[PDB]
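Take a look at the structure below.
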Amino acid sequence: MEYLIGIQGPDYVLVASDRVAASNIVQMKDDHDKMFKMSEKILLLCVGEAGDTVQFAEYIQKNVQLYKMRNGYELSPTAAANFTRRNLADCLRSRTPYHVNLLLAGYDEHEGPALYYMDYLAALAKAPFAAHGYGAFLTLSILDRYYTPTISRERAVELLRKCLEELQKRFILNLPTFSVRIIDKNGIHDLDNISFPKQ
Amino acid sequence: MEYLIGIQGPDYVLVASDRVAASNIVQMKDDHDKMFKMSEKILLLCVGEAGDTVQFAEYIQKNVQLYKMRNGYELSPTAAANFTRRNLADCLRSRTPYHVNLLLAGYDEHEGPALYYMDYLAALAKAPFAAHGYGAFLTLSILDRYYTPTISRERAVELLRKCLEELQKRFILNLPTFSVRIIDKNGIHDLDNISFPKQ
Amino acid sequence: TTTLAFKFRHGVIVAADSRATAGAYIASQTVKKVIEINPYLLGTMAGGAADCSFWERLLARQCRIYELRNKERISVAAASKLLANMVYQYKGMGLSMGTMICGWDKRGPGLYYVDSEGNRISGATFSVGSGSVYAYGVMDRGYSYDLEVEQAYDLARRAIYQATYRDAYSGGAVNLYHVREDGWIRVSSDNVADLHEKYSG
Amino acid sequence: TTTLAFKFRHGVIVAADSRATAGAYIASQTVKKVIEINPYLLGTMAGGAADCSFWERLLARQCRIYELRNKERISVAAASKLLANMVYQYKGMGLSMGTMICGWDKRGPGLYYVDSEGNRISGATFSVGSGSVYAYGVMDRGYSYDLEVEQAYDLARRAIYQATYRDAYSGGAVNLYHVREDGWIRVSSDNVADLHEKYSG
Amino acid sequence: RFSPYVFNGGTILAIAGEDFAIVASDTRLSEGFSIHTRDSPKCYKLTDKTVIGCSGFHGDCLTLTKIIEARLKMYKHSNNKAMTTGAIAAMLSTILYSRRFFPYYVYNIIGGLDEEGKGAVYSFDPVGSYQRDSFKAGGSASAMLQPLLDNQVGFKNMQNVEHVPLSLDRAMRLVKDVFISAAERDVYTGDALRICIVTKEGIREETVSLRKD
Amino acid sequence: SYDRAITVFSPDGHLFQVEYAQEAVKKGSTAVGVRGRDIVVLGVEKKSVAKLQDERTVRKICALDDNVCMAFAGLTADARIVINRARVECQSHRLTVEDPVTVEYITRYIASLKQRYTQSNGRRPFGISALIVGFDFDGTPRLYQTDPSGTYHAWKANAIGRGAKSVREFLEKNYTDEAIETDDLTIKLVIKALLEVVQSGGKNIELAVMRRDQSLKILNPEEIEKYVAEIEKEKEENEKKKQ
Amino acid sequence: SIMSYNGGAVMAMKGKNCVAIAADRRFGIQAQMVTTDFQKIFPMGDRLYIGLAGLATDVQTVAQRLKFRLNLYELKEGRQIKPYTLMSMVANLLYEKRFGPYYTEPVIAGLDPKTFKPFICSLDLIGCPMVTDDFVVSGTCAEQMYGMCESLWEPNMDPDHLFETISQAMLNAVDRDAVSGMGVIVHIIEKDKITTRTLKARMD
Amino acid sequence: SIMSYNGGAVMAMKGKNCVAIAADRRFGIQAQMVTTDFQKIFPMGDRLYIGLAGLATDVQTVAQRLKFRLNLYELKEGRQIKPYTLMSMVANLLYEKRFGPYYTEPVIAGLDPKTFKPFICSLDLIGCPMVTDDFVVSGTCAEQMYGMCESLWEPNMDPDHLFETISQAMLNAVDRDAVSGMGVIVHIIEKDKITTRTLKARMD
Amino acid sequence: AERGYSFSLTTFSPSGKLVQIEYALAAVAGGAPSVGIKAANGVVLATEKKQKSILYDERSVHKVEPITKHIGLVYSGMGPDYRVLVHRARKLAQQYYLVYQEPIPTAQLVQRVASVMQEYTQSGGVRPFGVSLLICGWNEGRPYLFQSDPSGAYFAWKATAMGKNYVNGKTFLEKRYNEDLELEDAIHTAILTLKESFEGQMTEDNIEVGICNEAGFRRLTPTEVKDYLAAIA
Ligand SMILES: *[C@](O)([C@H](C)CO)[C@H](CC(C)C)NC(=O)[C@H](Cc1ccccc1)NC(=O)[C@H](CC(C)C)NC(=O)[C@H](CCc1ccccc1)NC(=O)CN1CCOCC1
Ligand SMILES: CC(C)C[C@H](NC(=O)[C@H](CCc1ccccc1)NC(=O)CN1CCOCC1)C(=O)N[C@@H](Cc1ccccc1)C(=O)N[C@@H](CC(C)C)[C@@H](O)[C@H](C)CO
């Protein structure tokens, strides 16, 4: 079962996800990526049902890119978030609802760093930090304990490490490696994968 | 979810189990022991339902010890196995059935090394090697591929390592460490715990 | 609920909230979830209120009778095993109950987790209840066997606090007990509203 | 069913059994579970027989029309995405189907897993079917990207064999294909009864 | 509520020879514990080269039969040629899968001659999954018929035996034998056995008798 | 709905509506494009400089995707329609197929759309022609041209709209391997070809370039004035010292 | 219950020539809190607020579609909207989904833009209006809020007594509910000004 | 089905003055094989064998309790047991659990210890006896076994033809069943000797 | 069997004129004259209800129609078209009321009806309405008078006239009338401006008057008209 995490700093957004694609009792992929580039400064972390995730996420993505092509400028992280929330909410009472939980990370030239949280019921909420999946139940409290609004990206990465290590300690699911990226004024930056040399 | 494994050699029996006691989504114990000393040369690896495991296992254990005290000699691994199988089968259609899967390792002064496999339905079957739990589905084939009736205990330990490593690779459950013991003419010997330096 | 207990060098720390709900309705915020079995034996309490109270009280009775009969104090392992055996006979009948038996034994500091499901495991740290995960987070991120006393107090109190922050069914007041060799001592009983002011600013 | 595919230096190895059951009854042991989509595209087949056959055949049709229209060969990613999109529109309706799309692409050796559930993931090795776990065991214990051709053949064949040994719903004959840059080649088709004699003695 | 299905029994068999193809079936139509009729063969002549056997739910059998007829005619009008056997097999596959979510409760075995004159069987499942075989059984007594043919025609589990190709005569007696044996154990199989032989000459129809209990 | 045949055959076998649409294209501002080694350049003429109009909001060069750009000639509104539908298609292709889009593909889509509008009831042919330009994977630079009829072809260099035959002839007589051997030289070729028909300026010319794996880059009037200065200098250093 | 999935509480009170509207700030999923600053009260114009309790998604969605129709209304007609009019609008919007209703129970509080006459109403999930002269409540802790309001509310309250009343009601009702709380926000609106305060509350 | 949980197959055939009994060797749980040497045929004395197919536990248990009662019988009475007697014994033992039956269908094959007259019978899970002169089958692949036996069995077979017949029947029936197989064992018993062979079979 | 013409019957002439609308106006400026006067405390609508025979029953069909309890209608042009527009207007009003539970503002009803009239100048297979409408109303304290012509355009009037001699009537109202008038005075100058064209003995059955104050809209009884048509009262 999948795990997402977002931590917003004063001028950046740090995001991380697990790299496991599993079915039944086996891991079928150890390098799965749960993140979707939608703008040069917007990442969409989607998680949940089998096909619903990729389908919905790619739909939103291509629509954002379509906006960019049609208008010459990209959607703001907020406009993006409300766009996805609108789409997800519209399909909620339809024949084809998408069972997806998501995070949206972004940087605006005006509003700065932003992190958004979305229920599968399409309830959108902005937060300094958030997490999805069972792992969240073990990590959120930690984030409560150590997070400060002025936290530096180094300290943020260290905090993320505390969380992931906690997952290694208490969580019954495997989850050996993690995709980690950051977003600022210079767009999306891939960081070294937090991994634990199990076997 | 729990994992048991047994590999019988020409003059020894190698047994191993996971060290995880888990409830819900958290590991509650990282040094749980699934083995029960019943004779000086008999080990009982029990796994399954919450209280059923410990209750049944301890019942059998104390009854074997009672046999030893009453008669001055210990039950053979076979007699033990059929004793436990009788008890488990008797409670099967009763008000209080024990949902337990088990392995029985032993060494007889006459018959040598012996490994036994038991369904929760109390179906007893002798085998050169066996395994319990979901992990078995990933390890048994490996045991088919590399096991030989004349395998040395060093080679047996190495094979066990192959199995556990495979668990680290494909299995979605954590299972970082493993209890490993061997049984021969000199009784039960505790070996170094096979562990994988995750975190 | 949100009880937790961990053993270190200087004994066994035990902590809990005090909220009691009947659905979404908060029925009480003044519940003593740490039952004083013996002056050396404590029992945390989570799940069905009546179940926990009744069974741990009965456990206390049994331990007292043991003390009178054997002219010695019952061990932690024996108490936990007693409770586990009593509870197991009712397995499947719907008793909701998850408790921790803590104390000081002839084997030193002792801590056991006992389920209504049938579990009974010794361990270093434990957290039981609806907010157990949240407590587990901070507790694990701050635990050490070489923790000084006041540090252990801070760790436990804070863990229960954060738990009450995230868990909707946990709140009221953080209660804290310390189990030492000469018996246990009632450390603190700080309301969450005050701990908020203390921890935030 | 029990199919497996893995990509190494010298292309993409594909292997499968041939058993087809209708309950406990073995309806066939002569089923070609590796569909030849294009001379460069193969599709394994596990789950509902009619479902897999129909949908992969339709996939082949679509790929052919693509080849005619765009005057070029379809990519592995595009074929897998095509099948995934076709199948997704029937999600929840009860199609049982788990397939692997293998081939050689402009990006070199390509291997995708596509579900009736909605999955679609690229990867190095894959095993699909009732005996997939057993195959995963030996395949993982013997895999390397630097495997020589005959070694890869041995690994695949053996993995499917052991799978047929443990899985009651897998048997018949191990079929083996090799996907190279100039297309795929039908490597072997050894019956399990013979492979038993070969592997045991 | 209401069930749109009822099992009407019937067993079905096809064997492919070098220059022939046999399609046989019992003639018993039953429902529940009762006999509807003893004169109901499950064999249907499609073309001079192709015969189809359909067992299971009689409604879907009749319907599917008439559909196949109509579409044979359509193909004939469209391409000025008759449908080859394998083509009929593929078409049948699509037709069966067209009801993937409301299947014809029908077990189908097609027997005939290919374009090289050789014999061919095609076995189907109710939703279109088919394959080419030398010999196959279907219907109620299928599990009783199959193992013997695996032994006698496939020469399976037999050490140092010769692989002599099946002649029309031996195949015929084999069919009669497996049906006679099936009539002993299967309660849905009995009354009469109709056999359809397909060669370059055309289609012969023979009728052996089975017990009436 | 409006079920009326608009585009029909004439007794001489002509589709008058389509021809009329082509005449509407003929009235459009000139739009030329050339294909080079590592660059591709599109430039549009008479931008109707009113100097009170925002230049950005009237550009005749539009990007369809990160891979493909496009210029047009004819009715601007129709062109907006076609361009947007093309962009939507470019995204849909990514949705149904993991791979992006080839220039030939989107060109074929646009062409098919136009033709569909030449043969449908109640509709009316798009009064535009398009110069589509891109660098599809494999590196091969490609330029295509479309027509209201639905016909489409590939070109090394071409021109449409106001005065298209003149620039076509010029490009025919000037397209060499020596010319367009360098990026700046190809751009200079485009600017020269445009100057051979435009009302002699530079503030009337909009030029844009696509290069390698980079994004589309529009040229500022300063850079255009620089290239035009170099062109006016090469026309006095190789055409003045010989005539 | 579907309503109890997110929890929450919304209340409105009447004053002399002023009006009040309050709501808790917790956004939670069943038993876990996700956010402590979740907006449940939205301005539908100057001196007219709406407060939605229930399923968070439908709160946001109803708010947004209502703002849609409202904007169109204040554009077509050259005026601000009357409280009664807004109420009927919400009623219509909710009843359009009679057989597939949004799971939210809106509470409208404002002053007549022409007059100043205070106004409070509440509605069903299917849009049945109910206007009162004292208070209206909606949420998972409606019984507690009723308990406080029935004992604290007085008729002609000044903008200071109204604040204290609605604040004590909200705080003490919410403190007996597990899924409502994590802070309380109060808007006290009068002809001249609007005063927005967040109360000191329990965070457990 | 409960019977299909472990799978398996048991068959018995009559001969001239000999008798035969065969069974597969697979011990599996649903779809996974655990053992390839599982005993399903037990000797209830010299020249008298029983073969139990069905739920493995009840196979072993019925075998054990039957051996219990048998031993007590051959002790109380100074003789070996007759085939008919053993059959009635099993019938009684099974019917004692009429409303909580063992899930196994026993098949008895032997020779009359006094005479030599061959004997084969089978029973319900509730112990209804059925004696035949040709063959008896019990297992998950009963229909296949019936198919083979109805076409291969001849009356007066010598100890060599009987072996070939029961072997081909078992092999070819079992090879069309997914949960039966992994080897076949055959006991051909006659007045002078007992011959036990394990056949070459598919292991998939 | 039938379907419909999907093409506009109203198109632009080379000069730029929507000819069918202008012809519709020609139909309008040809029907019985109608005057409307807004008067501070109310509104008055008046029209020539001159039949063509003593056989006609003037108490069966009316030219002054109510839309709701507060809005009224008169017209100039074709009867049937007017009738259609009246039904449609009433329906629109009821929709507004069902949605908002508040009587529809006069301006809003005017705009909506105007949209309806606009449709028939562009929609397929139809001609525009040969009708101009005078719409009176009482909303939010103030009185309202509106006019809507076949093009779908609408204007707010203090006072105006339509139909035959609408120019002479417009100048008449422009001179012999102004603001601050009471309802009575307005009715008086309305019957007076109607008299500037009514060729014949203007009885109480030759003209129809409706009033709309802040107490609602209603049609004046023939008796009240008789009292007013006594050149006094
Ligand atoms: C695979 O999974 C391995 C062998 C493990 O089973 C193979 C792979 C492929 C490509 C052959 N899959 C099967 O063997 C598959 C099992 C399965 C069945 C149904 C759903 C999911 C998996 N077997 C079939 O599909 C089978 C083909 C035979 C070779 C004839 N067909 C059936 O079992 C018929 C029903 C399929 C169906 C009907 C209605 C709706 C959807 C699908 N079976 C019967 O008609 C008879 N019978 C009735 C009662 O017992 C079970 C089936
Ligand atoms: C009245 C309050 C103070 C006590 C409360 N009791 C109750 O809720 C009793 C129990 C009745 C019962 C019948 C049959 C069998 C068992 C129990 N129920 C009722 O009083 C009436 N209700 C009817 C409809 O609403 C819900 C309950 C309770 O036990 N609450 C538990 C939760 C619970 C567990 C099992 C069943 C029902 C509820 C609790 O607070 N547990 C805490 C610890 C203990 C020691 C208080 C923790 O778990 C923390 C706070 C999270 O809830």
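A, B, ... follow the sequence lines: proteins, then strands. Residue 1 opens every chain. The structure has been trimmed to a portion of the entry, and contacts are counted only among what remains. The figures here come from the full heavy-atom set of this structure, side chains too, leaving out hydrogens, waters and symmetry mates. Just follow the structure's listing: the first ligand is 1, and inside any ligand the first atom is 1.
Lab note: most contacts to ligand 1 come from the chain UniProt lists as Proteasome subunit beta type-5. PDB records give the name of the drug at ligand 1 as carfilzomib (bound form). With a cut-off of 4.0 Å on heavy atoms, the other chains touching carfilzomib (bound form, ligand 1) are D, E.
Name assigned to chain E in the entry: Proteasome subunit beta type-1.
Taking 4.0 Å as the limit, no other ligands or ions are near carfilzomib (bound form, ligand 1).
Residues of chain D that UniProt gives as binding bortezomib and that have a heavy atom less than 4.0 Å from carfilzomib (bound form, ligand 1): D/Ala49. In the entry as deposited, the covalent bond from carfilzomib (bound form, ligand 1) ends at D/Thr1 OG1.
By chain and number, the binding site of carfilzomib (bound form, ligand 1) at a non-hydrogen cut-off of 4.0 Å is D/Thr1, D/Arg19, D/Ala20, D/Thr21, D/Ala22, D/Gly23, D/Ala27, D/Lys33, D/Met45, D/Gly47, D/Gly48, D/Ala49, D/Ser96, D/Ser130, D/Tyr169, E/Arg100, E/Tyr107, E/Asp125, E/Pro126, E/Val127.
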